[PDB]
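Order of the sequence lines fixes the chain letters, A, B, ..., with proteins taken first and strands second; residue numbering starts at 1 for each chain. What you see below is based on every heavy atom in this structure, not just the backbone, and it leaves out hydrogens, waters and symmetry mates. Method of determination (from the header): X-ray crystallography, 2.5 Å. One-based numbering, in listed order, for ligands and for the atoms of each.
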Amino acid sequence: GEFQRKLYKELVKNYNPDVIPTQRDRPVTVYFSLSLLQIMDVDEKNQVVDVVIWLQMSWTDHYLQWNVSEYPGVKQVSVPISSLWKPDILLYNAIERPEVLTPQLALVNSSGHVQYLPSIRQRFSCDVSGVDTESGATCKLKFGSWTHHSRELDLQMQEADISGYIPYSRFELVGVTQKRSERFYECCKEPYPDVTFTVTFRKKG
Amino acid sequence: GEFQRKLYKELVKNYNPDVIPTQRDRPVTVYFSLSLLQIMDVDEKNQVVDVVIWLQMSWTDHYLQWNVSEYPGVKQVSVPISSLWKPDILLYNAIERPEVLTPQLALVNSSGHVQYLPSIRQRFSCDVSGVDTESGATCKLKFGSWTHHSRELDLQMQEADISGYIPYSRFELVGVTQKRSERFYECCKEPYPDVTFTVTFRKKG
Amino acid sequence: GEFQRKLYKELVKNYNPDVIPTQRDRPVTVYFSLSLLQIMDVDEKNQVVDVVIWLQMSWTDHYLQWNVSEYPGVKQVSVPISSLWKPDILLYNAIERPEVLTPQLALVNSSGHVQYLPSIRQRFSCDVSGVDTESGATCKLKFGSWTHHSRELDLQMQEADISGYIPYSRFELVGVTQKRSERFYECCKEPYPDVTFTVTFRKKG
Amino acid sequence: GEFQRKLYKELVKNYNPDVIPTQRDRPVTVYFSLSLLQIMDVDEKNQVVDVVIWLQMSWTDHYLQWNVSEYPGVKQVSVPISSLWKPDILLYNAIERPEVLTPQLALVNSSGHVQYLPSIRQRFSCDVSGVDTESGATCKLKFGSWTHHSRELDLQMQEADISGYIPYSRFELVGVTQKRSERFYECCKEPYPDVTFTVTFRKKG
Amino acid sequence: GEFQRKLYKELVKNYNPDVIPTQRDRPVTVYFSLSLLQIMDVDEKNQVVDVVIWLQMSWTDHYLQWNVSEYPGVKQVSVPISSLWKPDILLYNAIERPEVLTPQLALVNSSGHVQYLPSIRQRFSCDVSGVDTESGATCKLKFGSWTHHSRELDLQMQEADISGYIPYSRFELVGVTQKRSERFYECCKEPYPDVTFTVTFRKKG
Ligand SMILES: *[C@@H]1O[C@H](CO)[C@@H](O[C@@H]2O[C@H](CO)[C@@H](O[C@@H]3O[C@H](CO)[C@@H](O)[C@H](O[C@H]4O[C@H](CO)[C@@H](O)[C@H](O)[C@@H]4O)[C@@H]3O)[C@H](O)[C@H]2NC(C)=O)[C@H](O)[C@H]1NC(C)=O
Ligand SMILES: *[C@@H]1O[C@H](CO)[C@@H](O[C@@H]2O[C@H](CO)[C@@H](O)[C@H](O)[C@H]2NC(C)=O)[C@H](O)[C@H]1NC(C)=O
Ligand SMILES: *[C@@H]1O[C@H](CO)[C@@H](O[C@@H]2O[C@H](CO)[C@@H](O)[C@H](O)[C@H]2NC(C)=O)[C@H](O)[C@H]1NC(C)=O
Ligand SMILES: *[C@@H]1O[C@H](CO)[C@@H](O[C@@H]2O[C@H](CO)[C@@H](O)[C@H](O)[C@H]2NC(C)=O)[C@H](O)[C@H]1NC(C)=O
Ligand SMILES: *[C@@H]1O[C@H](CO)[C@@H](O[C@@H]2O[C@H](CO)[C@@H](O)[C@H](O)[C@H]2NC(C)=O)[C@H](O)[C@H]1NC(C)=O
Ligand SMILES: CN1[C@@H](CC(=O)c2ccccc2)CCC[C@H]1C[C@H](O)c1ccccc1
Ligand SMILES: CN1[C@@H](CC(=O)c2ccccc2)CCC[C@H]1C[C@H](O)c1ccccc1
Ligand SMILES: CN1[C@@H](CC(=O)c2ccccc2)CCC[C@H]1C[C@H](O)c1ccccc1
Ligand SMILES: CN1[C@@H](CC(=O)c2ccccc2)CCC[C@H]1C[C@H](O)c1ccccc1
Ligand SMILES: CN1[C@@H](CC(=O)c2ccccc2)CCC[C@H]1C[C@H](O)c1ccccc1
C-alpha cells in the first residue's frame, strides 16, 4: 500500500546499518535460541558434524519505531536484513561458512522490535568418537558476538526446541541442554557473553 | 522501441521492490503451481532427493499498469525480476539453496499482471526408504511465504502438470497430488497459508 | 584514444539495457550458431552429458550506431555485455547453470551491429544408453528466447562447425545436424522460435 | 547512539581505503601473528595441507582518530573492513583462495589503532612425505605484503600461540617456530619483509 | 600520505576502465610472460592438467602519468586492477574459469607504466596419454586477447622462468619452449597475435 511505501522511505532516511543501536550507554538486548532440525551426516575420520539449525534472534532498534495512527493499518513490515543493523553472531566451532536456506528478510513491528530467523546448513568440529555407542557423542555449539562486549550487546537466552527434529535420519537425539556464560579474554577490558548448546546424539542400531 | 523505453522509465519511478503491493487492506493474490521435470538422483543413506522443478507464479501489481493509448503497440514487457516485488516463497523441506536455471525475467501486461516462471535445480529432505519397492517412496514438498500472512499474501493453487516429466530417468512417477492449507502458528496473530505437493515415485526394474 | 572515450560516454547516455531494441513493430533478428569444442564426460547412471560449446550470436541494435566522420578512426569498440541489451537465450535441456569461460565483452561496429561469442562449460540431460555401441547416443540441444516471441525476436540459424572438436577425448563425433522451428505453446498467443542441434556420438572403446 | 552515528559519518568523509596511510617517511607498522587452531587433512599424493588458522593483525591509521570529548562515551567502534585500508598480506604457499569464517569487521579506538582478526580455512603446498614417522613433516608458511616495500609497510612479528590447537584431530603438533626476514628481489630497488611460521606435525599412532 | 591521496583523486577523474588506452592509431604494447610454479594433478581419463601459473603482464597507460615535482616523494602507487583498463587475455585451452590467488592490485609508476602479476590456479585440456613414459606428455598453453587485434593491442613476449617450479611434486619438467605468432581468424579483417607456451613433463619413477 501507499502507507507502507511512505513508511519504508522514512525508516531508511538517516539510518546507518553499521552502527549498533545503543542508547545512552544502555546495551542492545538480543534474545537468541536454536532449533536443531536435522543431523545430515557425521564424518568420523575428520571429526565433523553436518547439521541444519534454525536460529531465532530478536532485539529492539529504537530508530525503527513509528506512530501507528500516522500509518493506519501498518502493524509490521517485511524488510531485507541488509538494510538493518544485525547481530554479528558467530558459531565458534565452525570450519566452513554457513549456507543460508531462508529468504534474508526480517519482521519489524511499530515499537521497533525486530525478528530475524535464519535457517542454516552448517558443518562444524566435534569429537564424534562415541557416536556409535549407547551413550553417544556430545558436541558443544558455542555462539557469541564477534566485536561487541556485554555493555554494548547483552546476549540473552531462550528455550531450545527439539519438536522440529526430523524422525527419519540415521541419528537419534539423546539430549539437548543450554547455558549462558560470560568471560574475560586477554585482549580486552570488557567481558564477552555467549550462549552454548550441548547436543548428545547417536547412530541408530 | 521509443515507447517501451519511456514506459520502463515511468514504471521504476517511485517504485520500491521491497514493499508488497497491497491496496487498502486487500491482499495480493498469488497463483502457484509446479511441474516436476526430472528426478536426478536419490541418496538412500542421507535421505535426500535431487529434482528439477518448474515453478509457475502469477499475481497483479497495481503500480505496474499503464494506459494502452499512451504507449501504442506496447501490450506487455520483459523486466528483470530484481526490479519488481516478488513473492518470498520457500520450500520448507530444502537442505541447500536453489540453483535457478532460467533467465531471471518476468512478463508484465498493461493491467499490471505479472508472470514469473523460474525452473530450479533443488535438493531436499525426504524418507526414501521404500523407493525400491512396488508402492514406492512418497515425499511432501511444502511451499509458502516466509514473511507474509494471509491478509497480505493470499496464496492460491493451480493444476499440477506431469506432462513434462522426462521418460528416460532411472525413476518413474507413480503419482502427484496437491492441497492448499491454512494454519495459525504459536508465534503470530495472523494465519499462514501453504501449498503442498505430494510426489510418489520408485526405481525402475 | 580521445574519440573512443567520447563515444563510450554517448553510447551509454539514455540507454536502457533491459529494453529489446525493436523499431516500429519490426523484430530484432538474432543470428545463432554453435561450435562443439569438447565432450568432457558422459554419466551413464544419471543421464548427463558434459560439454564445452562456443555459442556465436549477432544482432543489430539501432541505438548503438554512430557517424564515422564525427569519430574519425573509430570503426568498432569493445564493450562489456552487461552495459548492452542481450538475447535471453536458454538451453532447454540444461540441469545446471552455465560456466562462462571467456571475457564478458562484445564487439560493436559503427552501424550498431553487435557480436557476442561466449564459450561455455555446460552439463545437460540426455539419454546416453547406446553411447557404447556402433550407432551411438543421439542428443538434442534446444536453444530459444525465454521471454520474447517471433514478432519481437526473430531467431535465425547459421552453419554449425565441427572443425574445433578436440581429437584426443574418449568420445568421437558420428554426426551433427540442425533445424530451426516455430511452435505455439499453451501459455501464449504468439509463437516462439527455436534452434535445435542434434549431436550423435560414441565411445572410442 | 547519536554520537556513534555522527562519528561514522565523519570517519568516511574524505577517506580513500585504497591509499596506505603513510606520512612523510614514516612507514605503517603492522603487527602480525598466527594461532594454529586445527589441521583438518593432509593429502600425501598431491602434497597439500588443510588448516584453520586465526590471523591477528593490527596497525595505526592516523585518518581514523577522533577527539574523545567531541564524542563522549565513544571509546571504540566496530567497522566493516571493506571501508578501511587493510594490509595486502598473502600466504605465498597457498594453492586456493582462503575461506573467511569470521564476520569481516575490525575494531578501531580513538587514536586510530585498528585490530582485524580473521579466522581462515586454507589449503597450501608442502612436502608431507615424513608425516607418518617419529620426526614428522615440517612445513613453512610464508606471509608478506604483495605490493608494499619495507619503507611503506613495516611488517613486525608477535608471539605465536599453540593453546587453541584442537586436541581430538588425527594429527599432533610437534612444534611451531617463527622468524621475521627481509630480502631484496630482482624486480625492485627496495627490500620486502616477511614473517614465516614453521610447523612440525605428525599422524597419531 | 597527502600527496598520494591527491594523486589517486586525479588519476580516476575522467577515466573509463572499459577503453583501451591507444593514442592516435598507435597500439598499446603488452609484455607477457609465464612462470610455471606447480603441476598439482593430471587426470588421465578426462585429459585435464591442473596447474598453478604466475602470469606477468605490463604496459603503458598514458592517462596514468604524473609530474614528479607536483607529487614529491611519490614514485609509484598500488591501485586495484578493477579501476584500470587491463588486457582481456584468455587461455584458449581452459575448461574452467581461473581462481586468482593474489590480491587484485597493480603497481603504476610516474610515466604511466603498469605492472599486474596475478598468480592463478587453472585446469585445462591436454592429451596426457604419454605422461607415464620417458619422453612424457607435451601440452600447449595458448594466450591471447579476446577482443583486440594487432593494431590495437601489440602482444609481445618475454623470457619464461622455471626457477620457481616446486621440486617436491610427483611430476618433473622435461622441456619448455615459447613462441609468439600472428594469424587471421574467420571472424575478422585484422590479424590477432598470441603467445604459446609448450610444456613437456612426466611422472616421476
Ligand atoms: C557492421 O557489421 C555488419 C555485419 O556484418 C554489416 O552488415 C552487413 O552490411 C552489408 C552492407 O555492406 C549488407 O550487405 C548487403 O545486403 C543486401 C542484401 O541483404 C544487398 O543489397 C547488398 O548486395 C549488393 O547489392 C547491390 C546491387 O544493387 C550492389 O551495389 C552491391 O554489390 C551490394 O553490396 C549487400 O550484400 C549485409 O547484409 C549486412 N548484414 C547484416 C546482418 O545486416 C555492416 O555493414 C557493418 N557496418 C559497417 C559500417 O562496416
Ligand atoms: C512488538 O513486539 C514485541 C516483542 O514481541 C512486543 O513486546 C512484548 O510484548 C509481550 C506481550 O505479552 C510482553 O510479554 C513482552 O514483555 C514484550 N517483549 C519485550 C522484549 O519487551 C511488543 O508489544 C510489540 N509492540 C507492538 C506495538 O505491537
Ligand atoms: C493481463 O493478464 C491477465 C491474466 O492473464 C488477464 O486477465 C485474465 O483474462 C482471462 C482471459 O481473458 C479471464 O478469464 C480472467 O478473468 C483474467 N484473470 C485474472 C487473474 O484476472 C488480463 O486480461 C490481461 N490484461 C490485458 C489488458 O490484456
Ligand atoms: C588504542 O590502542 C592502542 C593499542 O592497544 C594503544 O596503544 C598501546 O597502549 C599501551 C597501554 O595500554 C602501551 O603500552 C603501548 O605502548 C601502546 N601500543 C602501541 C602499538 O602504540 C592506544 O593507547 C589506544 N588508544 C587509546 C586512546 O586508548
Ligand atoms: C616506469 O617503468 C618503466 C618500466 O620499468 C621504465 O622504463 C624502462 O626503463 C628501463 C631501465 O632504464 C629501460 O631500459 C627501458 O627503456 C624501459 N622499459 C620499457 C618497457 O619501457 C620507466 O623508466 C619508469 N619511469 C620512471 C619515470 O621511472
Ligand atoms: C515460524 N514461521 C513463521 C515465523 C515468521 O513468520 C518469521 C519471523 C521472523 C522472520 C521471518 C519470518 C512464519 C512462517 C511460518 C513459520 C515457519 C515454520 O515454523 C518453520 C520454522 C523453521 C524452519 C522451517 C519452518
Ligand atoms: C576475543 N576474541 C575472540 C577470541 C576467541 O575466543 C576465539 C576466536 C576465534 C577462534 C577461537 C577463539 C572472542 C571474542 C572477542 C574476540 C576479539 C574481538 O571480537 C575482536 C574482533 C575483531 C577484531 C578485533 C577484536
Ligand atoms: C516458457 N514458455 C513460454 C512462457 C514465457 O514466455 C514466459 C512467461 C513469463 C516469464 C517467463 C517466460 C516462453 C517460451 C518458452 C516456454 C517454456 C517451455 O514451456 C518450458 C519451460 C521450462 C521447461 C520446459 C519447457
Ligand atoms: C612480486 N612480488 C613482489 C611484488 C611486486 O613486485 C609486484 C606485485 C604486483 C604488481 C606489480 C609488482 C613482492 C616480492 C615478491 C614478488 C614475487 C614473489 O616472489 C612471488 C612468489 C610466489 C608467487 C608469486 C610471486
Ligand atoms: C575470438 N576470435 C577472435 C576475436 C573476435 O573476432 C571476437 C571476439 C569476441 C567478440 C567478438 C568478436 C580472436 C580471438 C580468438 C578468435 C576465436 C578463436 O578461434 C577461438 C578458438 C577456440 C575457442 C573459441 C575461439
What is the name of the drug located at ligand 9? lobeline
Counting heavy-atom pairs within 4.5 Å, which chain has the most contacts with lobeline (ligand 9), and what does the PDB entry call it? Acetylcholine binding protein
Neighbouring chains of lobeline (ligand 9) at under 4.0 Å, heavy atoms only: D, E
Give me the residue, atom name and distance of the protein heavy atom closest to atom 19 (O) of lobeline (ligand 9). D/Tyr185 CE2, 4.2 Å
State whether any protein heavy atom lies less than 4.0 Å from atom 16 (C) of lobeline (ligand 9). no
So which heavy atom in the protein is nearest atom 23 (C) of lobeline (ligand 9), and how far is it from that ligand atom? E/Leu37 CD1, 3.8 Å
Would you mind listing which atoms of lobeline (ligand 9) come within a distance below 4.0 Å of any non-hydrogen atom of D/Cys188? 6 (O)
Closest protein heavy atom to atom 10 (C) of lobeline (ligand 9), given as residue, atom name and distance to 0.1 Å: E/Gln115 O, 3.4 Å
Relative to lobeline (ligand 9), is E/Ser119 under 4.0 angstrom through side chain, backbone, both or neither, heavy atoms considered? neither
Taking 4.0 angstrom as the limit and counting only heavy atoms of D/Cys187, give me the atoms of lobeline (ligand 9) inside it, by number and element. 6 (O)
Atom 12 (C) of lobeline (ligand 9): the protein heavy-atom neighbour that sits closest, reported with distance to 0.1 Å: E/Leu107 CD1, 3.4 Å
What residue and atom, counting heavy atoms only, is the protein's closest point to atom 22 (C) of lobeline (ligand 9), and at what distance? D/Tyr92 CD2, 4.0 Å
Does the entry name an organism for chain D, and if so, which one? Homo sapiens
Note down any other ligand or ion with an atom under 4.0 Å from lobeline (ligand 9). none
Shortest heavy-atom approach to atom 24 (C) of lobeline (ligand 9) - which of D/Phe184, D/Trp146, E/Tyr116: D/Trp146
Using heavy-atom distances, let me know which of E/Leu117, E/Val79, E/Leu105 sits nearest atom 7 (C) of lobeline (ligand 9). E/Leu117
By chain and residue number, what forms the binding site of lobeline (ligand 9) with heavy atoms closer than 4.0 Å? D/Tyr92, D/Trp146, D/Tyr185, D/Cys187, D/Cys188, D/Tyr192, E/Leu37, E/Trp54, E/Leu107, E/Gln115, E/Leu117
